[PDB]
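Class A beta-lactamase Sed1, liganded with imipenem (open form).
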Amino acid sequence: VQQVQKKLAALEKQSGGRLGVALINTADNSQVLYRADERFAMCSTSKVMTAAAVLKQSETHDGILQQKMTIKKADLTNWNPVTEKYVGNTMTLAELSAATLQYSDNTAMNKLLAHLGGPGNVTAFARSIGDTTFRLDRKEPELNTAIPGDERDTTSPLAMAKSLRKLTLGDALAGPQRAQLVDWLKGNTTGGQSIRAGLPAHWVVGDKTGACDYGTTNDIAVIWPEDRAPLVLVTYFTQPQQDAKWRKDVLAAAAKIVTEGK
Ligand SMILES: *C(=O)[C@H]([C@@H](C)O)[C@H]1CC(SCCNC=N)=C(C(=O)O)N1
């Protein structure tokens with residue numbers, strides 16, 4: 001453990017940024033923490049809490065995931081990998097949730113936010129599940145500024161690890177909703193060079209990445225090591241320069257360091 005600690009600290013010092021790690025081993029509830037209580041900009045990883053809020057509604061509102069929303073050229077933002085393929089057409093909340101989680105579509109994120117009534121409702125949802133750290137303040141793309149010292153749109157590695165666990169393995173969501181979130185996370189197409197890169201290839205993973213200003217490179221995941229109890233891992237990383245380049249490789253190394261031998 002203290003060896004895992006020295007390695008993480010060395011990884012951070014060599015990277016020149018600020019690293020935040022929180023790993024929860026559901027086998028014995030043990031934890032590997034590094035700046036786990038410090039706040040980091042979540043940017044794209046905040047889409048998990050947001051999608052989960054929509055899923056929560058579906059527990060009481062029958063067929064809500066089949067409800068349609070119109071996509072218009074005016075809704076488009078700086079990143080619409082999927083939504084731009086539907087200009088002038090409709091997308092269901094499920095499709096929007098999938099586009100948001102698996103391709104990190106910014107316009108889909110804003111569609112979900114509009115449906116939920118704004119980011120304050122996502123924050124409220126987080127509080128309803130016991131997360132008092134999480135906070136969503138803005139919409140896309142402003143929530144990605146990741147300004148140092150700014151608390152807007154941030155959370156701690158540990159708090160996000162606990163909520164991801166509650167949402168994917170716990171009781172924060174009901175069975176069908178819990179299963180849909182896990183499926184969406186496993187279908188993510190943007191995490192190939194992050195947490196997944198530092199893990200044995202056959203291990204099963206569900207995750208949500210994030211890449212924003214100040215070279216902030218994030219990733220939150222649920223890991224199933226073969227037939228052993230799943231691990232919940234959060235690797236957050238931010239740098240001194242506003243225009244810094246992303247370090248998906250730092251998250252891969254943090255991942256390997258804390259999960260090796262698990
Ligand atoms: C989330 O933090 C941002 C924001 C614009 O919504 C998006 C952008 C990306 S693509 C980053 C790196 N890909 C290729 N070079 C992601 C993402 O999931 O990676 N989130």
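For this chain, numbers begin at 1 and follow the sequence in order. Start at 1 and go down the list; that is how both ligands and their atoms are numbered.
Near imipenem (open form, ligand 1), within 4.0 Å on a heavy-atom basis, the structure shows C43, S44, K47, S104, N106, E140, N144, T190, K208, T209, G210, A211, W246, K248.
At the shortest separation from atom 2 (O) of imipenem (open form, ligand 1) among protein heavy atoms lies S44 OG, 2.3 Å. Distance check on atom 13 (N) of imipenem (open form, ligand 1): some protein heavy atom falls below the 4.0 Å cut-off.
Considering backbone and side-chain atoms alike, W246 places every N or O at 3.5 Å or more from each N or O of imipenem (open form, ligand 1). The contact set between imipenem (open form, ligand 1) and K248, taken as ligand atoms under 4.0 Å from a residue heavy atom, comprises 12 (C), 13 (N), 14 (C). The entry models a covalent bond from imipenem (open form, ligand 1) to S44 OG.
Close N/O approach between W79 and imipenem (open form, ligand 1) is not found [any backbone or side-chain N/O within under 3.5 Å]. For atom 18 (O) of imipenem (open form, ligand 1), the nearest protein heavy atom (residue, atom name, distance) is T209 OG1, 2.6 Å. In the entry, the organism recorded for chain A is Citrobacter sedlakii. Between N78 and imipenem (open form, ligand 1), a contact under 3.5 Å exists for no N or O pair. In terms of polar-atom proximity, defined here as any N/O pair under 3.5 Å, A211 does make such a contact with imipenem (open form, ligand 1).
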